[PDB]
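Acarbose bound to Acarbose/maltose binding protein GacH.
Positions are given from 1, in the same order as the sequence printed here. Numbering of ligands and ligand atoms starts at 1, following listing order. Going by what the header records, the deposited coordinates were determined by X-ray crystallography, 1.4 Å. Computed over heavy atoms, backbone and side chain alike; hydrogens, waters and symmetry mates excluded.
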Amino acid sequence: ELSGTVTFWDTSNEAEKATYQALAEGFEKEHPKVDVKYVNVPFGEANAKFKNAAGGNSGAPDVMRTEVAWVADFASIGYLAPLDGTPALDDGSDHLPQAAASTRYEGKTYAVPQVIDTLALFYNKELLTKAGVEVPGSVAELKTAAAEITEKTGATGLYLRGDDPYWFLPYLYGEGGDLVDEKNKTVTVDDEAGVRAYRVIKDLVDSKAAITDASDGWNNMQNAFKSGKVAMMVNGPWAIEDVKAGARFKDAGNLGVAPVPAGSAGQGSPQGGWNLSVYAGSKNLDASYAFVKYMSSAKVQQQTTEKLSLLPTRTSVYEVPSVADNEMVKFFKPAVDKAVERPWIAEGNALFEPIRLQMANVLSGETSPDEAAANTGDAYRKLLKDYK
Ligand SMILES: C[C@H]1O[C@H](O[C@H]2[C@H](O)[C@@H](O)[C@@H](O[C@H]3[C@H](O)[C@@H](O)[C@@H](O)O[C@@H]3CO)O[C@@H]2CO)[C@H](O)[C@@H](O)[C@@H]1N[C@H]1C=C(CO)[C@@H](O)[C@H](O)[C@H]1O
C-alpha cells in the first residue's frame, strides 16, 4: 500500500515539461491511491524556492528534480532525506559512475540519477553547405567558417551565450584549463588558460564570428538559431525538441551536432544533468521513495529519450534497441563519456557566479581577460577556504 500526496517540483523547460508531467502522473496508473501533484518551477528560481520552503518547513515538495550541483548544496544543510537502505534505490549499479558521484555527499546517497548531459556544437546543415564550409573542429576553424558564412549567406557564424557561466567551460578546457585541482585543493582558473579563455570569447564577438546578449540569453540563443540569424550555437540535449519545433529544423535532418570546438591546447565539455531527491521533511515518505524509484526506472528513462532525446543515466537503457539508434543519442553518449567532472562539493555551484560576472564584463569591454581571470581566482579562494 502506497497512498497520499506526492508533490513533485520539476525544473524541465517549456519543451520538456508536458512529457515530464505525463510521466509523473503515470505513477498513479500502478498506485491509484497516490495523488501526484506536478509543479513546474523555473530553473533560475528553483534552488532558492526549495531552500526557502525547506528552511521554513512550508510548502516544500516531496520530490525535487535536483541539479547535479544541488545535491551537495541541499544535503550540506540537511534538506534531503538520505536514501541508502530505502526503496528509492533499485539497481543502483546500472547508473554511469559519474552520474552516481553527483548523488553522494559525505558518504551517503541523497539522490538518484535521472538524466546526464554535456554541451555540444549544434549547427544548421543547410547554412554550412551553402557557405561551402565544414563543421569546425577548433576555434580557429570556427572563425574561418564564420567569415565564409557571413560572406556567402549573411548569417553570423555563432550565437555565443554570454549570460550563463556554464558556457565558459568549453573555452576554458580548450585552452588547457580547469576551475580547480580537487586532489591538490588548488585554484587553477586564474592560470594562463583562464586568461586565454576570456580572450577567446571576446575575440569571437569582436571579430563578428559570434553575437551575444547580456540578458535573456536562453531565448535570444534559441531565437537566433531557429530564425537562421546564426549557423551554430553551443547547447545541450535539453534544447533538441525546442529546436525541432522550429520550421527550420522540423526536418530533424537539418539539425547537425558535433563536439564543442577545441581551443589552442585541447578540447573538453562539462558534465551536467539532473537527479531526483526527497525532501527530508516529507510527510509521505514511502510514496515519495517509490515515486523516485519509478521516475528513475529503466522504463521511464527509456520513455524520456523517446519523447525528448534526453540521455539516460542507466547503462541498460542504452542497450534497448530504441535508445541505441536515436541519432542525437549516438552523438551525445560518447561526448558525455568524455565530459569533464567537477568537484561535487557544497560550494560547487557557487563557482559559477564569479565566472558569470567576469565573463559579462570581458564581453562588454569593462574588464580585461587578464583582470577577469585573476578576479575569478580571487573569488574562488574566498569561497574555498582550504584551497590555495
Ligand atoms: C549555470 C548552471 O550550469 C550548469 O547547469 C546546466 C544543467 O546541468 C543542464 O542540464 C542544463 O539545465 C537545463 C535543464 O536540462 C532543463 O531540463 C531545464 O531545467 O533548463 C535548464 C537550463 O536550460 O543547463 C544548465 C546550464 O544552463 C551547472 O551544472 C549548474 O549548477 C549551474 N547553475 C548555477 C547557476 C545559477 C545562476 O547563474 C543558479 O540559478 C543555479 O541554482 C546554480 O546551481
Provide the binding site of acarbose (ligand 1) at 4.0 Å, counting non-hydrogen atoms only.
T11, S12, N13, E16, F43, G44, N47, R65, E67, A69, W70, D117, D164, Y166, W167, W238, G272, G273, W274, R342, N349, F352
Considering only non-hydrogen protein atoms, determine which one is nearest to atom 32 (C) of acarbose (ligand 1) and report residue, atom name and distance to 0.1 Å.
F352 CD1, 4.1 Å
For acarbose (ligand 1), which is the ligand I care about here, please tell me if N349 has any N or O atom under 3.5 Å from one of the ligand's N or O atoms.
yes
Going by distance only, is there an N or O of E16 that falls short of 3.5 Å from an N or O of acarbose (ligand 1)?
yes
Considering the heavy atoms of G272, write down every atom of acarbose (ligand 1) situated less than 4.0 Å from one of them.
8 (O)
Between acarbose (ligand 1) and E67, is the shortest N or O to N or O distance under 3.5 Å?
yes
Taking only heavy atoms of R342 into account, list the atoms of acarbose (ligand 1) that are under 4.0 Å away from them.
28 (C), 29 (O), 31 (O)
Going by distance only, is there an N or O of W70 that falls short of 3.5 Å from an N or O of acarbose (ligand 1)?
yes
Among all protein heavy atoms, pick out the one at the shortest distance from atom 27 (O) of acarbose (ligand 1); state its residue, atom name and that distance to 0.1 Å.
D164 OD2, 2.7 Å
Does any N or O of acarbose (ligand 1) fall below 3.5 Å from an N or O anywhere on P165, backbone included?
no
Any nitrogen or oxygen of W274, main chain or side chain, under 3.5 Å from a nitrogen or oxygen of acarbose (ligand 1)?
yes
